[PDB]
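Erythromycin:23S rRNA (2903-MER) complex.
Numbers restart at 1 for each chain; the letters A, B, ... are given by sequence-line order, proteins then strands. Readers should note that the entry appears only in part, and the reported contacts come from within that part. Counting starts at 1 for both ligands and their atoms, following the listed order. All values below come from the heavy atoms of this structure, side chains included, with hydrogens, waters and symmetry mates left out.
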Amino acid sequence: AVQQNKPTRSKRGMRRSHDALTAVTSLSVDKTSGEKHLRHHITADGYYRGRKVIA
Amino acid sequence: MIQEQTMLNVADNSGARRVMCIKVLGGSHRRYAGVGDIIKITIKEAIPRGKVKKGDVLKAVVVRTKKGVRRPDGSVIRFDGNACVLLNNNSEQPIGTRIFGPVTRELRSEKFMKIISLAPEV
Amino acid sequence: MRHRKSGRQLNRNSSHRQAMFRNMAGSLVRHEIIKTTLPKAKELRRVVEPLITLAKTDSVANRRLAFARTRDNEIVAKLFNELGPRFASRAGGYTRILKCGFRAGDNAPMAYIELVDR
Amino acid sequence: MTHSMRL
RNA sequence: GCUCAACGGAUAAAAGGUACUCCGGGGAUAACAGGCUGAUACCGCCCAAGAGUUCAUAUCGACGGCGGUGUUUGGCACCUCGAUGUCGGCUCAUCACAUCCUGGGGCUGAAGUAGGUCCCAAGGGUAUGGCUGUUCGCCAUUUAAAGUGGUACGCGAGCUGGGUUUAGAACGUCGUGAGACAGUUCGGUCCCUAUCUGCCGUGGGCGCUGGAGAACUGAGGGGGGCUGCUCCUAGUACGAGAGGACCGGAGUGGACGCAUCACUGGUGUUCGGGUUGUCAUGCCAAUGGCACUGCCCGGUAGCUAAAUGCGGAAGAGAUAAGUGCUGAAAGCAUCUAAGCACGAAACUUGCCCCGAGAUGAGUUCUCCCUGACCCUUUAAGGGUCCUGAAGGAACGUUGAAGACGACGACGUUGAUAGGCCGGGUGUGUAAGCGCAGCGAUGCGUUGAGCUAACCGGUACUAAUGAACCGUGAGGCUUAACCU
RNA sequence: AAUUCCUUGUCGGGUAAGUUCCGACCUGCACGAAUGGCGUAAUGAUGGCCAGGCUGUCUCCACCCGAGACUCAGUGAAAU
RNA sequence: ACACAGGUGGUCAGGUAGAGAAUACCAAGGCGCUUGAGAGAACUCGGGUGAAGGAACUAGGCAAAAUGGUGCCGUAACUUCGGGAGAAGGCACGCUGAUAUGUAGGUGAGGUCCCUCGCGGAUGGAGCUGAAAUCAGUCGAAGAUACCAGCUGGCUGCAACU
RNA sequence: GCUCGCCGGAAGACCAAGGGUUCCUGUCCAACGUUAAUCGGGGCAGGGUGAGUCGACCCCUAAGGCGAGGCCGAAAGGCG
RNA sequence: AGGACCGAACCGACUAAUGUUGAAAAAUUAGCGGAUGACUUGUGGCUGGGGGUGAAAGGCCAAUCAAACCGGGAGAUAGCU
Ligand SMILES: CC[C@H]1OC(=O)[C@H](C)[C@@H](O[C@H]2C[C@@](C)(OC)[C@@H](O)[C@H](C)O2)[C@H](C)[C@@H](O[C@@H]2O[C@H](C)C[C@H](N(C)C)[C@H]2O)[C@](C)(O)C[C@@H](C)C(=O)[C@H](C)[C@@H](O)[C@]1(C)O
């Protein structure tokens, strides 16, 4: 259950080496408006692939 | 699928009405007994006028199982109630004369041919 | 181990799932566009599209089956009167999913599910 | 309760 | 004037219990386990009386002697008392060989069958129950067999807690008594979320010297290796007879393992139906909610065993015990010194799986890059603009792939998922209407209606044009060749 | 025998098989008569044993339904 | 110690089924319990079902499964004559119709007499409520259909019992 | 606001005790709330409690306490 | 009638499982026992530390009991760590 002695700050950083959050590669541009959005998502202004979907 | 402590009925008229399997003969760590398989039994309930009494440790052969035997055609014949024919402890020959009810054609071999030439159905 | 098994459990039991799908099908037929989560939107596709296929023939028995699967007579009225003659041409695909970001509270994947009329 | 104890 | 005799004499004057206990210490000192040792124990050998009709040495071996192991009972107090949790059971094992089975041989007081005894051999295997807390043992019934030990008398941060060994109570016995009893009896809280090593799986990074996508060789590593019974040879060889083979050849099983659902089944709270109580949809009829899926009856696909296929090998090499051939030393003899041949489930291959991080980083095929300049510590140098290639990743639809990563299919030049259509399956003749009936209900429409995960199709819906990473012919030395 | 060491006494019953149980016999290590002896109907979340029914206790596990464990976002300990 | 699955005295107490303040579903009324979203591995928890067998498990049938209601029939040893005893073990239970345009029962008006007069007494039966039974028919695999709701028997030690 | 679910001899409605402003309105979201919060039993400012008949107080007493004098006790005090 | 029987409230706590850095410093869930009495409960009193009270376990006396707590002797004493 408990440790026999405490780990180092080195073994702590090596453990946290795999915790880096991936960035989004690039946001895509809509054809009509030009606003950035995620792929396969609608924009904030409700456009998807050049079509006004939500009011 | 007769294992030990299974209570079987008796197919012939040896005198017992109810026997219990105490050992499935043939092979180390053997679990079950099908139709072609000798079992060692004890006698739990007998008729008062029979050939064998209560507490006799002897051999028997299973003739009917509720699990049922499978034919090579893909078929399966499942009886109702488990049954055995009692045998002589060393001679391997049956004790009673008449045998009640059906048996299987899986049983066809020399000593059980002596058995199977007595049954009404096969 | 789930090999070729459909249906999502959605962290509910069977009665809660069935009642939740009945409520969502009522809200979708009522408002014609609803916001929900993404897997609930996919399961809602598999629930609400047979009702629209049931509305394609208008009889007493079919309206009673639609009432048995929605329990709202205003919903079965709107189905058999509006969504029946409107969706009569297209064969399947009466609905449309569109992903819309993530929820602010629990970071849940959002979606709009709507009918193909608007 | 003398089960873990070396008694 | 002191058996102040515990005799350098604590007081003139003094016994016990504590399992109801407490505190301060101790591995200075015990119980458990380890260590050392090996009297004892177990195993082996030496001599040989004697038994075995004769005959010590087929089999035993007295009187005595010499070792081995650590293996029982002990001895000692070296570790541990600022804690090293016991006996038995369960689950999982692992090694040794002093071999229980299987396998190979020698001798036999070995006719055969079956034994006895000794040598070689550790690949695989090596019961279920009754009683008992039991290990053990007895017993019943099998088996080819029911090995013997080590591993903290393996295994409680894996389980149990019957036993011993807390506090209750009683019996017998001891004690004046409080109480005590390897004497019995009934009852009695078993904590831990894993940091590191280890092990089982599964990924990211970088490397492998331009990058990429594949297919492999395989160093090495692992798994597996069991065996009965029946028949033939052949009732022959052997034997008076009763009995009864070696060698060899098939078949058929048991336990074990791998795979897969075609069958036979289980499950199937996502399918259909029955039904009880109640509430609701205005009511009737029809449905829905809740009552463990209300209780049940069937049952699709998946998963799965009790279901059904397959496996263990043959062969090869080198051998152990053993048996030989030729052959001297030593005119003979001799399996051995020279030389040659046989010889086992052990060893190495053969079968199966992993595997080039095998840094000794391998091989083969295919594909992709063919631009200009300046600076300085002119270096396997830095920088700027222009180009971003093969491919990859990201995203999305997903999968008999999956904890997550990963892996696989697809992304409209499209059947990836949902829907839809047709079928299949399952359940059992829907609702409504009409007839018979006083009615419950029955009949006709009607094998109807509904059908999940299945099958074959269909772009109806969702898989967006892109952007992002990855570059711009890839060092030195020596050899061999080509122009 | 809640008492018995030797001991699983010996015989009988029950079981295929019974160190427990039941009935006996007395060798009572070490019962015994109000620290009561021997019975006893009824009672007991009482101790032991046997039987029928019933079943995943088991042979030998399989599948399903939910709650965690697993991933994502928010908050965020502890023993050592 | 906490916005802590605990504890804390009295009053009220509707409907349907029910003997019931049990239990099931509801009314008035009040809540969805102050982290959610996915996925649908091992393992753990809480349940459901299971072929054949049926205690072989285990210290021990622990835990589960089973049993379960009402009415009638029947019920042993032993006994302190009360018990044991709900011994044990069986049978019938739904719905519709008829007896009976709902009976037996319960309540009892209007009317009609008596009177010492009213909050009186007699006949009278309207109206309402209403079992239980028998017969016939009918549906289902199953009619105490769910929830609810005894496992039983034999021998024995101890303590009489609550 | 519309559906779904749960309790319903309570998870509803009145109090006693015990709390003490938690009640209501406006405003704020630092801390508190095991998350976010525009919300709150949180901060802040204001408002809210009306009795001849309800309750206490009041009259009377129980168990009990205290107890003039008294009896007893080194003192304190005990009993009545 | 009954320290009668079955069984809710109420009182208790027999078995198992879970929890064991808990939801909880003694619970939950599913069964379990008593349930007209030697019952249970509210409010108020009384008994006190070598003392109380005890259908008796050395049990209970404010999460403390083979002699409660608080304060003072007091920096008891410690051949012990
Ligand atoms: C709820 C969780 C509790 O633990 C338990 O119940 C477990 C199950 C006890 O075993 C219980 C139950 C039992 C039977 O042991 C399982 C019993 O023998 C012991 C005495 O008490 C433990 C572990 C005991 O240890 C043992 O003490 C023995 C003297 C020595 C033993 N050591 C040699 C290994 C050691 O581990 C002991 C003393 O209670 C530990 C101390 C620290 C505690 O008091 C702590 C606070 C515990 O009460 C606890 C953690 O809260």
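Chains with a heavy atom under 4.0 Å from erythromycin: D, E, I.
In the PDB entry, the name given to chain D is ermDL. As stated in the entry, the source of RNA chain E is Escherichia coli. Lab note: binding site of erythromycin, heavy atoms under 4.0 Å, is D/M1, D/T2, D/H3, D/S4, D/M5, E/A83, E/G85, E/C190, E/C191, I/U20.
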